[PDB]
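Among the contents of this structure: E7820.
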Amino acid sequence: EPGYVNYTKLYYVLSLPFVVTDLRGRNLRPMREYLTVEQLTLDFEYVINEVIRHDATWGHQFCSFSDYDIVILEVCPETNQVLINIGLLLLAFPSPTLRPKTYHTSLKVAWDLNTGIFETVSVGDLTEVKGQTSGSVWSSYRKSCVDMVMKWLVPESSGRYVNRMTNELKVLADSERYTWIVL
Amino acid sequence: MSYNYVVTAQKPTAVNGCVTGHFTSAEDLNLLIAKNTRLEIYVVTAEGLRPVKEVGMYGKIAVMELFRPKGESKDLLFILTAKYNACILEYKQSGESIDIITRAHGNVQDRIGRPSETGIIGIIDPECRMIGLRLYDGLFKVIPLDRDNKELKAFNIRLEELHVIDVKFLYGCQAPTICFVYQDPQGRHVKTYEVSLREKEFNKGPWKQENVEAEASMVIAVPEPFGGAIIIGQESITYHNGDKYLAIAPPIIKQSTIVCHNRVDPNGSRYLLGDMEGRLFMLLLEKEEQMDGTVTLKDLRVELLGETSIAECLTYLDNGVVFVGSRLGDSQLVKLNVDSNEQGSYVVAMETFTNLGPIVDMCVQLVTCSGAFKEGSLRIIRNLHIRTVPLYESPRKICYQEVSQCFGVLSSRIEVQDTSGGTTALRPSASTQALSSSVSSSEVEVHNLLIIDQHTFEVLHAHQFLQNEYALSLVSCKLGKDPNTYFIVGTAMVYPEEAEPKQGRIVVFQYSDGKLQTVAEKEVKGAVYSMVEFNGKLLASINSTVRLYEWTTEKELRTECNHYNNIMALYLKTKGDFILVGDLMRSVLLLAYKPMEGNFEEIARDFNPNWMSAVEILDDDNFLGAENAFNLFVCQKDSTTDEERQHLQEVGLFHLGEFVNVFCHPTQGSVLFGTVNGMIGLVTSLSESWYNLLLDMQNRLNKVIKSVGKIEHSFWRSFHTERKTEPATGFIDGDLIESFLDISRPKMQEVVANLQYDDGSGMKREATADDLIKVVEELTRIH
Amino acid sequence: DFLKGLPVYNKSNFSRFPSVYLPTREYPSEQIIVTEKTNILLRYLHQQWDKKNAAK
Amino acid sequence: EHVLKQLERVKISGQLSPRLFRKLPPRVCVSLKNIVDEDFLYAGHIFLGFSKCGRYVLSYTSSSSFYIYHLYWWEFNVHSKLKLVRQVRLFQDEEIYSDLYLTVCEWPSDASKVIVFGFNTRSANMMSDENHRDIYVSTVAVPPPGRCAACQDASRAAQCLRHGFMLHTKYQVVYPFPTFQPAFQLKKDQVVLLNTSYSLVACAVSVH
Amino acid sequence: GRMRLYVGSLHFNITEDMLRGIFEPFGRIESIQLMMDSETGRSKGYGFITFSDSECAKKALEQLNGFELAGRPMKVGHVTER
Ligand SMILES: Cc1ccc(NS(=O)(=O)c2cccc(C#N)c2)c2[nH]cc(C#N)c12
Ligand SMILES: [Zn+2]
């Protein structure tokens, strides 16, 4: 139902573009009459403008936003909720204490995957970027996201770990069976 | 397809927990005992303990606490199972009718969160404001205790301290306050937090964090007027309460770790402390009355009372009587008296309760290697009739030698490194009290092979192995074309510098004229974990290699073939030319010895992650496994492509609820098993039709038989690990089906209602109560 | 000695010196135990932003 | 703490878990050289490690104006040679003119599929373009664990949809370049959260 | 010119992807290698980040050296390149 959400569903048997195929190369059969692909989108641009309009106290002094950086803070598979932090470079007039200034802020937003509906959980204070470069601000922003996830880091079970493998490694370990492959 | 039936021969005997309180009536002083899944309720009467009722919970009892919220005339019981089933139970008696009411229940498991190292901890606030649960690292679960609401909405609070050792709720606090010992890279520390039900968060604790002893292992919440907390370590005992900080470092406690405590006096003036060696102490809190009415703690004193069984838990009862709940030995009722006896002890045993656990090995009528340390014994079980043979040291392995009319028992005793040259024993035991003894050629564990008479169980001979040599495996058999029967021992060299064994021996002994003669020795480059007679050859597993040895006419072991694809080949079982290999970390595998090839052939392997405890061959095509998560599983050859034949399928799954250390050989076959809790069970095979009838009967019994705490039987017996949860398959709970004979006649008719089904090799029956009574009665005769 | 004067709930308890419970079809409950579904980080941020909303 | 002292504790406690053997050294160490097939020496595979169950060991190929990527499944059996099970062509009908930093991931409970995230240091067009970056993501089905009734139905040397499908997608990201967060992106089984710098897309692939 | 930096005094749970996210906004990175313990199976707390541009690496050091990432003050410096 909302304008910020877009959902697409496609079925197969023998927005982002999908080149669904078999192990050989055949592009299968794209139809809606088996494989099931789902695509739930969340437009950052819409969310930012919506949260500033209704949930930012400083919303009246806002002019326009420039770049934005989205860092996921939490994924709850039981409640199907994605907690995203929205780093934002914007233009706004200051308090009556004008002249338009560049500021940086953080917008925490909870995104429901069952409904597709987002909810705002935090609106940051407008902090001035005085002669700090674009890289300076995004580095400090991400550093705060890292800081938070580490602060709230609760150890997960053995069996619920996301395995991540990459080689540009001395040993390939099978932790659970205390087996190493020495390279 | 494989169909199995599991039934209990002997219920668990080890005591995991015990609490005192007023559960049955406000007047009755009760004793509640937890024996794994079993809850025993007693009334402390003039005669001792009057049993009230024993209830089997559909779960391993992890938390057992009595509490009285305001408005209750009697204490309510809180129980949490190993599967995270939480319940508040109320005892109700109406004349001769007895009922255990489930006041509230639910599962308090989290999908996130990893089980904590020091396990599930369950604490109740003194003012019954809430229940505190430490289930996972990083999280503290709080169940609010509100009586005027449909649901008890439990919540998690983040704990920065990811490694908590022990926690308790403090007394005399305006705000519910937890006091806990935690570990971090800077050591161990004691910290407090106030618990806010309104904000669903922690607030700054009443007193500052204090640094504690490196091995500070338990917290004691001292009641009013003292208040505060006692922290017990390896070398010290401290008291903390805001301003106050008392510390005693008594040398008495240094030798052994204190592992249990029990409040004697309601005001916390005296506590009983039990250590790993079975020593019993009295912790004394000396008070000072203040003029403002309050009482302050002036000093701490510990005094040794005597010796009891190695206590898992202690509970003071009434009139100087203490219940000693033992896990490694027999449970006791001990009397405390002010006048010391002949040895100077203030503790006198009143009663002894047989505990078969841990069954670390057994023989077949049944002979087990029971208990550990000073509680080490042999137990002879037949038609149940139990005979106990005290060893006063750890029995490890047992084997029977019919031709010598004796048993071979591997055992270990603790000796201490003193001011003098070598080491000396602390207590007399089987290995030091044998009729005759020998020593090998060419604190610490001293390993021995004991020759014990099959009739008297007298220690005929004790052979001591080399300095730092551990005896791991044992067989009694005849090898090759040699007519003689030998006691074969597999060893490992355990040094106080290295972690993994890189040296060991296979030693062939012959017992004759009351003495043991070393026939042959074979050096290995690792630990000889398991050995099995295999078609007149010796099958042995050294670290990660399974090896076949031939016995020459020259009385020597000659290696024939090797299989190297293992991580830790700990368990071996054979049937004909087939070998079932059990790995500590890599599930199971099937090998085949190829006689005309003189080598092994890797037939099939179970590709499932499983940390094995024991294995057994049911038949040529069905293999039984028991793992670390207390489940049983059955592997079958996939019944075709070579890759498909190389894959063992787990066709049977069942949550046993016990840790199996040994398997040994209507229904077909009898595999008896020994567990850590001293429970003894039987596994047997069923036909497809027998299974189908008994499974329908289980579903019908579950609709009629009620569960305490409202735990579903199906949930309880579901195969469960940290990786997966699956409903039990191809397994019948014999205990559940046997309970049909114990239900009333009107309830039997509702169970067998519109039941015919029964396809006894062909067509359908028409089942009555009497038809099934005859079925269940024949099944009770299997054990 | 400090082993004299042990607790006495009743003197008539040790001076002198179990049936299986098969719950028959009978089920009267009272309450259920449930766990808070919502994440602890979300709950906290919800809690802090709702306190900022109260800040009049 | 000696392994045998640790093992004895197990027998009398019934407490056997990997988070107890945590501090002890590996039980088995085998060199890659002694388990790798000699015909794959000239191939130049890049070994990635073990799948969550110790059954498989994965590797990739960065074969060559354009680059072609391949994902391999090797059957592991401690000292035995690795046996090749599955070889798939990553990022179908996609011409990559720069060597990608690829990462193979696995879901918490779903052992049916794997995800391959490959990205270049900076996008192109021939000439390196500083404002863009190319993200390539492939969802590949893992080989069947045992005998499969649907797989048995074959006309050539093959695999059913459940145990033999592939999914491909490509997207351009802008400054600040979105962070790679593999643990959160795959926290929900069968969903990949993809930050396209303009939107976050929830991608669910499931076979019924 | 091409410059390589030394990043140290890091929290052991800081990932290569986290380091990439923190350093990437200053300029293009050719390579990042966070040093891992073979025996622990966890970060050593140090690594090397190689920017395509020397002036971009200079600003990354100026803005990140001595500043706390997860409570630990980060040590960003230069390297031999000889
Ligand atoms: C802020 C942040 C959080 C998490 C990850 N990666 S992750 O999702 O794989 C993850 C999640 C939780 C803990 C760990 C660990 N150790 C890893 C990040 N990668 C780059 C980031 C930036 N800036 C970043
Ligand atoms: Zn298939």
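In what follows, chains are A, B, ... by sequence order, proteins preceding strands, each numbered from 1. In each ligand, atom 1 is the first atom listed, and ligand 1 is the first ligand listed.
- Counting repeats, the structure shows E7820 at ligand 1.
- Structurally, the main neighbour of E7820 is the chain that UniProt identifies as DDB1- and CUL4-associated factor 15.
- Under a 4.0 Å heavy-atom cut-off, the other chains found next to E7820 are A, D, E.
- The PDB entry assigns chain E the name RNA-binding protein 39.
- Proximity by heavy atom, under 4.0 Å to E7820, holds for none of the UniProt Zn(2+)-binding residues in chain D.
- In chain D, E7820 lies within 4.0 Å of these UniProt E7820-binding residues, judged by heavy atoms: D:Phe180, D:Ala183, D:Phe184.
- Per the PDB, the organism of origin for chain D is Homo sapiens.
- The heavy-atom binding site of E7820 at 4.0 Å consists of A:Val71, A:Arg142, A:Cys145, A:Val146, A:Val149, D:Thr179, D:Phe180, D:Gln181, D:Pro182, D:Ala183, D:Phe184, E:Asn13, E:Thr15, E:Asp17, E:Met18.
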